[PDB]
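Among the contents of this structure: (R)-norfluoxetine.
To find a chain's letter, count down the sequence lines: the first is A, the second B. By the numbers in the PDB entry, the shown part of chain A spans 73-222, 232-332. The residue numbers of chain B are those assigned by the PDB entry, with the residues present covering 73-149, 155-291, 298-331 sequentially. Counting starts at 1 for both ligands and their atoms, following the listed order. Structure determined by X-ray crystallography, 3.6 Å.
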Amino acid sequence: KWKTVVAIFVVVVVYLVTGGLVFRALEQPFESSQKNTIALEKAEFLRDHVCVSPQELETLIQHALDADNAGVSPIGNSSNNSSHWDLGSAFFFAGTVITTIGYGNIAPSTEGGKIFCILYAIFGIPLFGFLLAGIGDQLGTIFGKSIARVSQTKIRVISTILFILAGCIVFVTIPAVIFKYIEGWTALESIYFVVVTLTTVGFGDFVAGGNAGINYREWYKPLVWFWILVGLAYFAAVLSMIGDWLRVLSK
Amino acid sequence: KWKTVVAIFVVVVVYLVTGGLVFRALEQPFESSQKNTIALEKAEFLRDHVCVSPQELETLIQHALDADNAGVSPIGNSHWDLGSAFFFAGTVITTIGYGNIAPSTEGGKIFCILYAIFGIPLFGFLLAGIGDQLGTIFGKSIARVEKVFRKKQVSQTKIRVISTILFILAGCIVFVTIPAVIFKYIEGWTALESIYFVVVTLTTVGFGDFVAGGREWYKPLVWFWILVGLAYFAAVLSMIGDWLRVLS
Ligand SMILES: NCC[C@@H](Oc1ccc(C(F)(F)F)cc1)c1ccccc1
Ligand SMILES: NCC[C@H](Oc1ccc(C(F)(F)F)cc1)c1ccccc1
Ligand SMILES: [K+]
Ligand SMILES: [K+]
Ligand SMILES: [K+]
């Protein structure tokens, strides 16, 4: 019904205004705090280094930003020695496109690289959908056999909560602990990464195996994408199950 | 069947190796070209400015990077205003997650986790709602074509293929070509960068290398284009999905 569609639209628009107000209340004080710090750090630098003009300072910052924007860290020569487009790293980038996560820490800079990325996404994202539906069909049988073992609506609510918590331990809690010890992040940053990854939001502020100073094994990046594949397939199979049940409720 | 699941897995793994090899062939020469430039720009700066040490240079670059990472441009003298924070909220819900703006505060990260968990399904309900209404529009249009070939007897699969190609092209003009032209004139991007942005936005990949508005009605109209754009193409995938389930 269109009456409920317009109703959900109001709930969503109110939700974004609510969200927007909460985010600005939490972030704007720190944003203003950082803005004051960078202005002071720059001014104090020019005060200590008289041989540098404010104009040639700007040019150097721009050169450093353009380098980082390209994907090359302007910090040291040793950090530059590693590549972001190696056979392994470019395989994970491909996966980052296909899963619609799109971190953005690495992005195509080449005009041709952008053209191929457009075509790669258009044909590649449905190809992943087919794989995720495939694992989603097998997991649906696993879920179906587990509910058949156990009011049908109460059983189904108890079942779904258990499956959600099952995935929350196996694909959310356990891998977050691994990232806390491997990537050296805080308890929050680790959970935050896992959540932002599996929701396919992928901000890119936290990316697994991204620190130049980290001596990460060769099996790390493929196992991370494997965790993404099993983690996304699992919670997709759960949403498919809730969707199919809601369609039965409507009819 | 599990035989076809393992088959799709091989196709996908081969696709990522293929993709990975193509991306490195296209990007690694420019990546090495940039790496050489930054090393030279820094070294040439230190030779011109002798009063600056190589270490207190790194410290300044780090301060500039930490500022940009926080969302404050270290070039010249807000990203969390009522309007901008509304669009950020909309970026989370649509799963686009550009990343040009991201929660820095420990509490801001906590709220972002909870906001996504409850907010993304809420969008799914809205997108399904528009997807249901558009499905009736598509369904009534295919039922019109099938009424013509009732006595002419033309395979239902052929009718369904020509119709879907038309709906895909309809969305490609209205929500892909036309808005890309607007971004080319407004944001001042190149013809490629404009199409690339629209594609990376509507696929919800959202790299964040290109973000719209980075007038007051611009940011909400951009999210409105995103809402109708995602909903239209989600209605088309829903239609192809429902038909494939009937085929199985
Ligand atoms: N959640 C909707 C996903 C859907 O979105 C589109 C559809 C079409 C396009 C276009 F035309 F290429 F620009 C981009 C994104 C989609 C993404 C990748 C491949 C096919 C369809
Ligand atoms: N495959 C994308 C769907 C997405 O999947 C999840 C599910 C759960 C989680 C998490 F919160 F971390 F447990 C993160 C992502 C989802 C988000 C909100 C509700 C249900 C599912
Ligand atoms: K993203
Ligand atoms: K996404
Ligand atoms: K994304």
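- In this structure, every copy of (R)-norfluoxetine sits at ligand 1.
- What binds (R)-norfluoxetine (ligand 1) most in this entry is, by the naming of the PDB entry, Potassium channel subfamily K member 10.
- Contact chains for (R)-norfluoxetine (ligand 1) (heavy atom under 4.0 Å, other chains only): A, B.
- Counting UniProt's transmembrane segments of chain B from the N terminus, heavy atoms under 4.0 Å from (R)-norfluoxetine (ligand 1) lie in segments numbered 3, 4.
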